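Notes on a structure featuring D-amphetamine.
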Amino acid sequence: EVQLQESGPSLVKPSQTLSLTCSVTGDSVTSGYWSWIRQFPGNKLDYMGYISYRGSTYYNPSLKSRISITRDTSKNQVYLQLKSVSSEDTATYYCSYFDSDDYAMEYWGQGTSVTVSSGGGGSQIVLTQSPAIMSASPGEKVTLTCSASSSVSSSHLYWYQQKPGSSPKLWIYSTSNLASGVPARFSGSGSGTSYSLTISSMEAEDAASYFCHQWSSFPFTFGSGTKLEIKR
Ligand SMILES: C[C@H](N)Cc1ccccc1
């Protein structure tokens, strides 16, 4: 019911501001949060901030004084502005909509590529996904793990699948709930600092990257990712 599309320049010189736009389309919305998320080369995902339905914003301490996220409800649009960019800000940037009442679904944009041609202070939970890389055969039972640096609520640990050329799709919510579009051969489990995704029977189509994610504690964070391959 919701489509998001990111725009802006794909190249930027350092110190310039980055300005991006999220043109949000489709169905009317009575609450929720529009978030910006960025993905580096090598695929580390970075939760930047959000603006809510009521104009409330939240920024990742790591960005604090460089970032602003604004709205233009009349133009049905959300914006990202980031000051003093450097090469470290080279990423694919995504906007995404989520309804706090609707745990089960998340909307992501296409994602825009942006290449780049201080204060803050905070703490974050680290999420570790090992192996970095896995090859299993058609038919094999596969288990993916996510270990957190401190406890998180099991209700706010989530998994995403992503495929080359495309954006993370929500795969599992609240530890063990599969999302729409996910075959029931997948499962999830765990509690405290230890979570896993399971595929009872690996199929060729399941090879992709998997990211766990935590939003039990601010800022939200993603795991380093397990890339899952097929054999032969
Ligand atoms: C990343 C979360 N699934 C989305 C979210 C959650 C809470 C607030 C804002 C956005």
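Counting begins at 1 with the first residue of the sequence. Remember, it's 1-based here, ligands and their atoms both numbered in the order they're listed.
Counting heavy-atom pairs under 4.5 Å, the chain with the largest count for D-amphetamine (ligand 1) is, by its name in the PDB entry, Single chain antibody fragment scFv6H4. Defined by non-hydrogen atoms within 4.0 Å, the binding site of D-amphetamine (ligand 1) is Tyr33, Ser35, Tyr47, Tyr50, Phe98, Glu106, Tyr160, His213, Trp215, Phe220. If you check which protein heavy atom lies closest to atom 3 (N) of D-amphetamine (ligand 1), you get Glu106 OE2, 3.2 Å.
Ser35 OG, 3.6 Å is the protein heavy atom nearest to atom 10 (C) of D-amphetamine (ligand 1). By the deposit information, the source of chain A is Mus musculus. Atom 5 (C) of D-amphetamine (ligand 1) has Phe98 CD2, 3.8 Å as its closest protein atom, hydrogens excluded (heavy atom only). At the top of the distance list for atom 6 (C) of D-amphetamine (ligand 1), counting protein heavy atoms only, stands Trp215 CE3, 3.4 Å. Ranking protein heavy atoms by distance to atom 1 (C) of D-amphetamine (ligand 1), first place goes to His213 NE2, 3.0 Å. Near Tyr50, meaning under 4.0 Å from one of its heavy atoms, D-amphetamine (ligand 1) places the atoms 9 (C).
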Once you restrict both partners to nitrogen or oxygen, which atoms of D-amphetamine (ligand 1) have a protein partner under 3.5 Å, and how far apart are they?
| residue | atom | partner | partner atom | Å |
| --- | --- | --- | --- | --- |
| D-amphetamine (ligand 1) | 3 (N) | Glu106 | OE2 | 3.2 |

